[PDB]
> 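Our group is looking at a structure that contains benzylpenicillin (bound form); some questions.
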Amino acid sequence: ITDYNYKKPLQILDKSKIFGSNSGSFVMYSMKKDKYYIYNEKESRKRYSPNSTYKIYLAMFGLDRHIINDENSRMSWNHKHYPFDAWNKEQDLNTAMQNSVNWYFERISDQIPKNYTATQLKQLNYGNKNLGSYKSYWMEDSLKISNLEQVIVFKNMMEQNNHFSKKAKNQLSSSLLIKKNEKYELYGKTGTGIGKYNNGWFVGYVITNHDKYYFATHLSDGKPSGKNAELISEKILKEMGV
Ligand SMILES: *C(=O)[C@@H](NC(=O)Cc1ccccc1)[C@@H]1N[C@@H](C(=O)O)C(C)(C)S1
């Protein structure tokens, strides 16, 4: 009822054929040129739950409040059998991000009061800002963000001379690196919502030798999967600027 699509106004694109039988949007931002590039402006402004992309923010708050740190991003397994075998071991930040280990981020969340989080979501302009009963509010629930916001918000949280330390930003960055060769480094995080897949995400950024870009892809129908959002994301960055 209070849910609304992203209002704040700020070049656009046609990637309709890469998306094919999936539907959703793409957003990109050039540091050097200070401009946005968007495929599907209207869909890009619709608010969806960020699901596992919110781990970015959970990690950042975890490092800020010290809940986890340089040396002790650790946290033990509760010896509960989850389907993913990568989830069934000791974790650190890199491991839990790479492998999107829900229990690790949920334990960070456990230790964070609604008022630090609400304050943070307000400084950051994180969508909705709608926390719930404040449980797993990021996992298909009250909290919601648009694809466009994902990009502005992430770019602003990392680039603004702001209260998060360069060091926690850098540990986060490490946790999110996905590909690297000579030309580029690609960073980001997959999100997959569910008995059905209906909300797929891939949010991140790429550093080349020349420029630095933040981008995000959402998926709502077709095969809205974190996996497919990453593929689409990769085909767009390739077919555009190496
Ligand atoms: C984050 O998106 C996680 N998704 C789920 O656990 C599914 C789910 C269940 C209940 C509520 C909301 C979402 C992990 N992220 C993805 C991903 O990285 O694409 C996985 C499917 C790997 S699990």
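So for chain A, numbering is the PDB entry's, and the shown residues are 4-13, 18-201, 204-251, in order. Every number for a ligand or one of its atoms is a count from 1 in the order of the listing. Both backbone and side-chain heavy atoms feed into the values below; hydrogens, waters and symmetry mates do not. Structure determined by X-ray crystallography, 2.4 Å.
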> In this PDB structure, which macromolecule forms the chief contact with benzylpenicillin (bound form, ligand 1), named as in UniProt?
Regulatory protein BlaR1
> Can you pull out the closest protein heavy atom to atom 17 (C) of benzylpenicillin (bound form, ligand 1)? Residue, atom name and distance to 0.1 Å, please.
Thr197 OG1, 3.4 Å
> Could you tell me the residue and atom name of the protein heavy atom closest to atom 7 (C) of benzylpenicillin (bound form, ligand 1), and the distance to it rounded to 0.1 Å?
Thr199 O, 3.2 Å
> Out of all atoms in benzylpenicillin (bound form, ligand 1), which are within 4.0 Å of some heavy atom of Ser107? Include the element for each.
14 (C), 15 (N), 18 (O)
> Give the residue and atom sharing a covalent bond with benzylpenicillin (bound form, ligand 1), or say none.
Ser59 OG
> Below 3.5 angstrom, do we get any N/O pair linking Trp94 and benzylpenicillin (bound form, ligand 1)?
no
> If I apply the N/O under 3.5 Å rule, does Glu147 come out as touching benzylpenicillin (bound form, ligand 1)?
no
> What species name appears in the entry as the source of chain A?
Staphylococcus aureus
> For atom 1 (C) of benzylpenicillin (bound form, ligand 1), what's the nearest protein heavy atom and its distance?
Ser59 OG, 1.4 Å
> Give the atom numbers and elements of benzylpenicillin (bound form, ligand 1) that come within less than 4.0 Å of a heavy atom of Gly235.
19 (O)
> At under 4.0 Å between heavy atoms, which part of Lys196 makes contact with benzylpenicillin (bound form, ligand 1): side chain, backbone, both or neither?
side chain
> Under 4.0 Å from any heavy atom of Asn58, which atoms of benzylpenicillin (bound form, ligand 1) are there?
2 (O)
> Heavy atoms only: which of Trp145, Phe91, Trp210, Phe211 is nearest to atom 22 (C) of benzylpenicillin (bound form, ligand 1)?
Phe91
> Students should be able to answer this: which protein heavy-atom is nearest to atom 11 (C) of benzylpenicillin (bound form, ligand 1), and at what distance?
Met146 CB, 3.8 Å
> Got a sec? Which UniProt active-site residue of chain A is nearest to benzylpenicillin (bound form, ligand 1), and what's the heavy-atom distance to 1 Å?
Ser59, 1 Å
> Would you kindly specify which portion of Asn109 sits under 4.0 Å from benzylpenicillin (bound form, ligand 1), judged on non-hydrogen atoms: side chain, backbone, both or neither?
side chain
> Among protein heavy atoms, which lies nearest atom 9 (C) of benzylpenicillin (bound form, ligand 1), and at what distance?
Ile201 CD1, 3.8 Å
> What would you say the binding site of benzylpenicillin (bound form, ligand 1) is, if we count heavy atoms under 4.0 Å?
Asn58, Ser59, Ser107, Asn109, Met146, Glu147, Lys196, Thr197, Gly198, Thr199, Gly200, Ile201, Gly235
